[PDB]
Amino acid sequence: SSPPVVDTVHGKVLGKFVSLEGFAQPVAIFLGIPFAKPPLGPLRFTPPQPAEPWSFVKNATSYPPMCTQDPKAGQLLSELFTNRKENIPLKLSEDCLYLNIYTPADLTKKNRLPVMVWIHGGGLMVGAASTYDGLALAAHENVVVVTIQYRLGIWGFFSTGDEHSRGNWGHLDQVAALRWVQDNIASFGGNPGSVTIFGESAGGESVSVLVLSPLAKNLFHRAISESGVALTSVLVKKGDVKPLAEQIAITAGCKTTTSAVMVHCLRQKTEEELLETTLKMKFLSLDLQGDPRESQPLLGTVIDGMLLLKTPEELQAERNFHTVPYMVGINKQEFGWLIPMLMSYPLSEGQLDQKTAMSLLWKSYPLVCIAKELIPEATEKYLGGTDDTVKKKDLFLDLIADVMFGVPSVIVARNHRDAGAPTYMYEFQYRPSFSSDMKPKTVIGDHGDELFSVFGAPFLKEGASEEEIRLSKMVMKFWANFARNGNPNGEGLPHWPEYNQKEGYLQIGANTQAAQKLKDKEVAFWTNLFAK
Amino acid sequence: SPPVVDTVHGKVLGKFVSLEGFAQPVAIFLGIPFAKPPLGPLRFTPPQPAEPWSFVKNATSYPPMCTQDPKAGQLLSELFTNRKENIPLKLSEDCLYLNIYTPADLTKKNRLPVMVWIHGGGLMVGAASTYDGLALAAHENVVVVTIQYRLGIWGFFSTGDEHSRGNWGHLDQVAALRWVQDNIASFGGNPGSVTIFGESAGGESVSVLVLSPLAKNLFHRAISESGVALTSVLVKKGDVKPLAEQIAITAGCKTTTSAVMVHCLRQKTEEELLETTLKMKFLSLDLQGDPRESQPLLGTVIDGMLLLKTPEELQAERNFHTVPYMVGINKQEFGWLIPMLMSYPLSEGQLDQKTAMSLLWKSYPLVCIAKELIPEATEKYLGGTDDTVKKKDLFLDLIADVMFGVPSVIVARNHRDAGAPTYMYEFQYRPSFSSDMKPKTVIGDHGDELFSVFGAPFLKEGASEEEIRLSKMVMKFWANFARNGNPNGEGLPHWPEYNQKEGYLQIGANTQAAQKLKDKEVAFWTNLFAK
Amino acid sequence: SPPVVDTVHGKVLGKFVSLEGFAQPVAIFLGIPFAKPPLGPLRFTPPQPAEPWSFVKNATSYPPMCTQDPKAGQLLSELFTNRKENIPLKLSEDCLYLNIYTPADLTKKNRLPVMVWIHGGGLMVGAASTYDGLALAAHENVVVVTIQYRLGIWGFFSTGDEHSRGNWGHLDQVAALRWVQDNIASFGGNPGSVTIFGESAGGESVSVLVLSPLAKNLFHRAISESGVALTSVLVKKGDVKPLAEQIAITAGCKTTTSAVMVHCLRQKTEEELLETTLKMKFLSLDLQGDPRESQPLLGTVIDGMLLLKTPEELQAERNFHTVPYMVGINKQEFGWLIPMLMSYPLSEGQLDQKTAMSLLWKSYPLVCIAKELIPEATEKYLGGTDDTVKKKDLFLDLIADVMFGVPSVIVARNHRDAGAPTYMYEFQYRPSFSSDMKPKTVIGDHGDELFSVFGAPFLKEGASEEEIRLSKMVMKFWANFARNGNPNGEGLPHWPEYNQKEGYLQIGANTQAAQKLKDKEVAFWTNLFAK
Ligand SMILES: CC(=O)N[C@H]1[C@H]([C@H](O)[C@H](O)CO)O[C@@](O)(C(=O)O)C[C@@H]1O
Ligand SMILES: CC(=O)N[C@H]1[C@H]([C@H](O)[C@H](O)CO)O[C@@](O)(C(=O)O)C[C@@H]1O
Ligand SMILES: CN1[C@@H]2CC[C@H]1C[C@H](OC(=O)[C@H](O)c1ccccc1)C2
Ligand SMILES: CN1[C@@H]2CC[C@H]1C[C@H](OC(=O)[C@H](O)c1ccccc1)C2
Ligand SMILES: CN1[C@@H]2CC[C@H]1C[C@H](OC(=O)[C@H](O)c1ccccc1)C2
Ligand SMILES: CN1[C@@H]2CC[C@H]1C[C@H](OC(=O)[C@H](O)c1ccccc1)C2
Ligand SMILES: CN1[C@@H]2CC[C@H]1C[C@H](OC(=O)[C@H](O)c1ccccc1)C2
Ligand SMILES: CN1[C@@H]2CC[C@H]1C[C@H](OC(=O)[C@H](O)c1ccccc1)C2
Ligand SMILES: *[C@@H]1O[C@H](CO)[C@@H](O)[C@H](O)[C@H]1NC(C)=O
Ligand SMILES: *[C@@H]1O[C@H](CO)[C@@H](O)[C@H](O)[C@H]1NC(C)=O
Ligand SMILES: *[C@H]1O[C@H](CO)[C@@H](O)[C@H](O)[C@H]1NC(C)=O
Ligand SMILES: [Cl-]
């Protein structure tokens, strides 16, 4: 029918209508709306700038490029995480500061539907907004869904530790996208007054970070972190970041005489060159050959003094900042298959013994950060139970998931709670039918498994059993009610308690019901073990 | 003693040149910047104000012409120039300059009428220095300004969106006019009386500016010689993304997104882009490959800043510059010059019906005649004689009418009906300065009026009495127009105003008024295209 | 606990260094940025303010020195340095830094006089890190600031127009002064009491800054050591365009226009410009061919921003804020250093009047003397007697007077006549830190006063009590001047002001007042050149 034409600050955008089985009002979908000026040339390694306005009508009907990244890794993850039946193949480009909108509202009348801005995960190295289709969630819960993109890897996080290149460019991209939503979402029938930010993994961590950043203040009113927070150490760079910067510059064929000299040279480099450098660094890949403490898993969030004035641990300790309803959750087996798979973890055996276990835990230093002097104690506290080598492996993946997501999430959850703001938690346990063929059937609640329920995968992909369909229906109700009231609860849905002193949380799965003291035992074990 | 003048951005030093018999010397200034050199980041972006210089800027040397095909550019400068010897020119992206020729007495105050010249060249080649305004300045006592603008890739690359809207060259023309309004007074010129005029692409430019709201108060009269906004070859209609992409690919750039192409194209050296230009083989009749997919030019587009609609839609709205406008054409626009420059296959010097239709199709990029209408067209023009030589000449008539004759007249009529003063002419004469390679039978070839308009007879050699007179007349007709938005004057054949009677001036050895210019042709084509 | 100071742009962290005989440690801050790195498009453009930093910048490591001949640079550093062992430096275009040495107790509120040092090196080489301000700071309780500024092509390339005015290094010097005004208070200094001083090109810089309306309020006292704005070699007169083109071609650039050259040179890499720098042989003397065509060393030009006209025209103009100015020279300015570093053909040890005139002519790029005047010049100095050996020395006194002696006095007199406190001196002493390859007969060689000024006798070893007392006295005089505009004080021989009696101080083992410095020489030359 007559295509939707929304008028924005920078110009008119033409999208398209797409109907979803069971909904009369078709959803207006806008693809590739620029929220900032392409970070090309001298704009590389600098805060994002406003997009130039355009004349006539902009055709927002093609999927935007995904920010330069490992094209193979990128696609692999996209296929593994997409909620649509046909994974969209994406093109690489530094000109990737776009966002996609899905509005279930009737643009012929004025609406103020709650807005949900999704920040994709990908270890801040890969990923894209197009991987996530917001059609189902928009129609079902009558909410405006916005998936956004931000610079990754070298382009979005290169830091020199100083003012010549603070870092966190990707994070600034995220904040810029949030301002754009403030200034334009009303045109798409959304209520700028109710913007909810939510993300998974690195996206969860980004959400966790904005919640702690003054720059993001008043840009959102509710937040959701799925399998990822600011205390998930692997994504936050503590200490002097100068060494990493130099290594990158050297690998790219640049002198390190000074900071400005390094940045100037990296700006002259072409995209293909910075990509080749990215590939040489072997990011997102477990480094077995070489000292574990020097291994650099990725380029991430730093304490730039602009976005983050100090460390997350210190930031969440304060109690004099703008608070918002925050939902933090994790999956049953955050390290059951997906992550170990992508990083090429040495587990082609199926079993593991105490001795070898202490070996991987050390090699995994860049992800867990457990001192070689604590390794023995840690590994024992987990594998000292059974003599079974197979059950040991399972407890090992438990060990890592807790350090990476479990404990960091509960702690963040607690502090937010002790800060006087509504806090909610959940533990997702369910093996989706859209899992990989290589993923063992015994893995339930793997990293990313909740994505399919959150983005209504059952209503776009085939095979979903009636059970899986309802699960997704329930999940979207919670997320959408949360977006609406800052409380997930609603009639016809299992009661979800607040994460107060009793530490109540919601176990989401075949059997969704409330529980208590999530990871209580582990938070204490690690809080002590780490305290050295 | 060297004339010096205070401009908005600093003092400039020029030179005095006297023309035969004239006591009052013409103060000439060559290579005055009117914009910041469009280099690096500034490429494919709107012209920017020039930076002021501290002391006295020496303006006594000719500026480089905008990057273009060195060969074609020189050839055209030689065929169109009106000075004795053609001057060698340098190429550069640093070409945003304008030359001034003022007959005024810079010591006292003057407000002579200003005439700004926009050279032609298909928007691909050309230069201001090609035209010496000495004769016209002295003879008609007007200040003559010749301006340059970005050409080809540099001045017209468009991604069809905000990353590279296009019409950079037209923006340069505007900036140049802007500069005249702020400085011309210092050169003895009256900024309140500015006439823009040019031929061919420069004629189309004048036409485009006459429809653009950006040039609102930048000129007061307009003259388009052999070229208007309706010469379809110069104005790209529809989506231009395809040609943008072809250019990027030819230059070794990815076409991922507009921003990607633009950025890549900016990282290219002037020389790589010129090489890309040479690769594209513009301004040449492409006899191989589908005619519908050949871009002989990179022209004007509907950018949304300079032009908000197509020139057609802009005429209808009777929404444009209601200033005195003079539109004229020459007897044989496709006489020799253009087909000669485009390597048209007419060696035999004859032409039968079939070959005519076949050639007309290949000429698609120039006339846009649907393959299904080619026969009616060829029949209407050629089915009248069995003389293969006449068919061949009638074929050049047809191309001429589609490119200039018809387009020009429709423009005049619309300009007329909008209530603004309008005038038309048809120049028919063979300048003695024509290239020796051009047959002596070609009368009123493309650009043939240039020699009268710029006083070639007074700077070059060999002009007969008849020719000398012709130039005097044309220059006066032109200068009078700049003064009153009316060409008439004492001692000049009467030029009726192009009103509903459609009176126009037939300029030549014998100059006399006539009516209904290309009237029947306009009717035929309007109908043929209505299908 | 290390020194942490807060400045407008952010917090800096230094280190304490104790000096023998002073309880309060001196806080030293190395490599604080006073401008934004002049890289990429910022090349050949005035310095821009540095960007603020978010935490505590570590300022405890020497900064790189502006790109220059690494060999000449290191050499001149070793020869001039006042510290025990010369510090090896790195080359970088990112060199706009300054070092601070404050003796003030930063936990208190001190406001001591500030002395900003501008090193020399023909504007081609040199570094701030060469001069350790420890001794001077502690001994005279003043804050010492050693600054850096762009050198060679980077700091002085000029097209003679607005596309690259030039004087970039001078604009850096001014920007360093601006920085000092906005931040020095947090280092214990009094922003209202800033004295700029330097030697050679650094002296010429001080001299230039004193005439520039750009620094009319950034300092309160000036000291030019062996070098003023009248030392022709460093200041350019006439069209500079040729030099620009010669540099552009040596770098492999087109020369179509100014913008073209500047644009192309901005695309060059630091190494490429360094390769170009070396190819030019800037500080060496050419013995072959016509001397007038010798490489005109890069230098100060009349840009129209820093200097509105030649220095000789600004001093008579009496147009420049009046501040106390101290101009001084050394006994044998062309004694050994400058010649040795320029590879002068004097290995002979003797010189007749024939080779002298030949050599003098060959010295045109330095002394700038007409060929028809060479005989007089020679005859006047060497004609005295025979003894070719005694003549080479009279030849050296010749060069010295033309480069520093005459210019200095002239400048002093003009300053004095401008009704401003003026002081002159002649340094005649041979530091024990002299090079081993320096003749024992050379006393008061170029750069010899630096060792007393920067208290070398308290950093290097072996200073005799006489040399120590000389250093104590010079520092006393300098600091006294920095805080009163008058060098005199308790425990010091009287230094008369340079009034009409032209009284100046003779500093050395024996320090006493004298009169009419180079008076006869200034007469001979002012005259000889008049012809
Ligand atoms: C008319 C048109 O194709 N618009 C498209 C633009 C252009 O492709 C870019 O601006 C490059 O020109 O942006 C998208 O491709 C994108 O980035 O997702 C989507 C949109 O459909
Ligand atoms: C002093 C001087 O030569 N000015 C001239 C400049 C320079 O030649 C270029 O900018 C290269 O510096 O530009 C012109 O040549 C030009 O292109 O029209 C004309 C002008 O008279
Ligand atoms: C917080 N993240 C966790 C551990 C560190 C970081 C990267 C990893 O990434 C993912 O799960 C992504 O989904 C991904 C990235 C790259 C390739 C494949 C998959 C998961
Ligand atoms: C084909 N697989 C081999 C043997 C059976 C099956 C599961 C096992 O994987 C794991 O325990 C981890 O889940 C893992 C580690 C590394 C890569 C992929 C998956 C490794
Ligand atoms: C409006 N223009 C007419 C027809 C289309 C366009 C190009 C052509 O150009 C010329 O006559 C130029 O004068 C030229 C260009 C290239 C080479 C030689 C001469 C004449
Ligand atoms: C016998 N002819 C002469 C020499 C070869 C052949 C074609 C040429 O004509 C052209 O190049 C022009 O295309 C032209 C000019 C004038 C009339 C007709 C055609 C003129
Ligand atoms: C007024 N100066 C004199 C003559 C021109 C100018 C530079 C020269 O050199 C020096 O002062 C340095 O001592 C130096 C720098 C670079 C190379 C060699 C020597 C001495
Ligand atoms: C390589 N040089 C040769 C032999 C050793 C050294 C000094 C000498 O120098 C001269 O004759 C100079 O003319 C001079 C230099 C320093 C002071 C006075 C005179 C000539
Ligand atoms: C927008 O782009 C799509 C796909 O590129 C195309 O099919 C559609 O026609 C365009 N919209 C219009 C009508 O301009
Ligand atoms: C400052 O830099 C110096 C030398 O680079 C280094 O030794 C010192 O540890 C640094 N100080 C701090 C604490 O950053
Ligand atoms: C133009 O005049 C300037 C200043 O007199 C001079 O430098 C330059 O050489 C002159 N150019 C010509 C055309 O001779
Ligand atoms: Cl992630």
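Chain letters follow the order of the sequence lines: the first is A, the second B, and so on. Shown for chain A, in order and in the PDB entry numbering: 1021-1361, 1363-1553. Throughout, chain B uses the PDB entry numbering, with the displayed residues spanning 2022-2361, 2363-2553 in order. Numbering of chain C is taken from the PDB entry, so the residues present carry the numbers 3022-3361, 3363-3553, in order. Order of listing sets the numbers, starting from 1, for every ligand and every atom in it.
Lab note: main contact partner of ligand 5 (name per UniProt) = Liver carboxylesterase 1. The drug at ligand 5, chosen from ibandronic acid, homatropine, tolmetin, flurbiprofen, amitriptyline, is homatropine. Taking 4.0 Å as the heavy-atom limit, the other chains contacting homatropine (ligand 5) are B.
Counting heavy atoms under 4.0 Å, the binding site of homatropine (ligand 5) comprises B:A2093, B:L2097, B:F2101, B:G2142, B:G2143, B:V2146, B:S2221, B:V2254, B:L2255, B:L2304, B:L2318, B:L2358, B:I2359, B:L2363, B:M2425, B:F2426, B:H2468.
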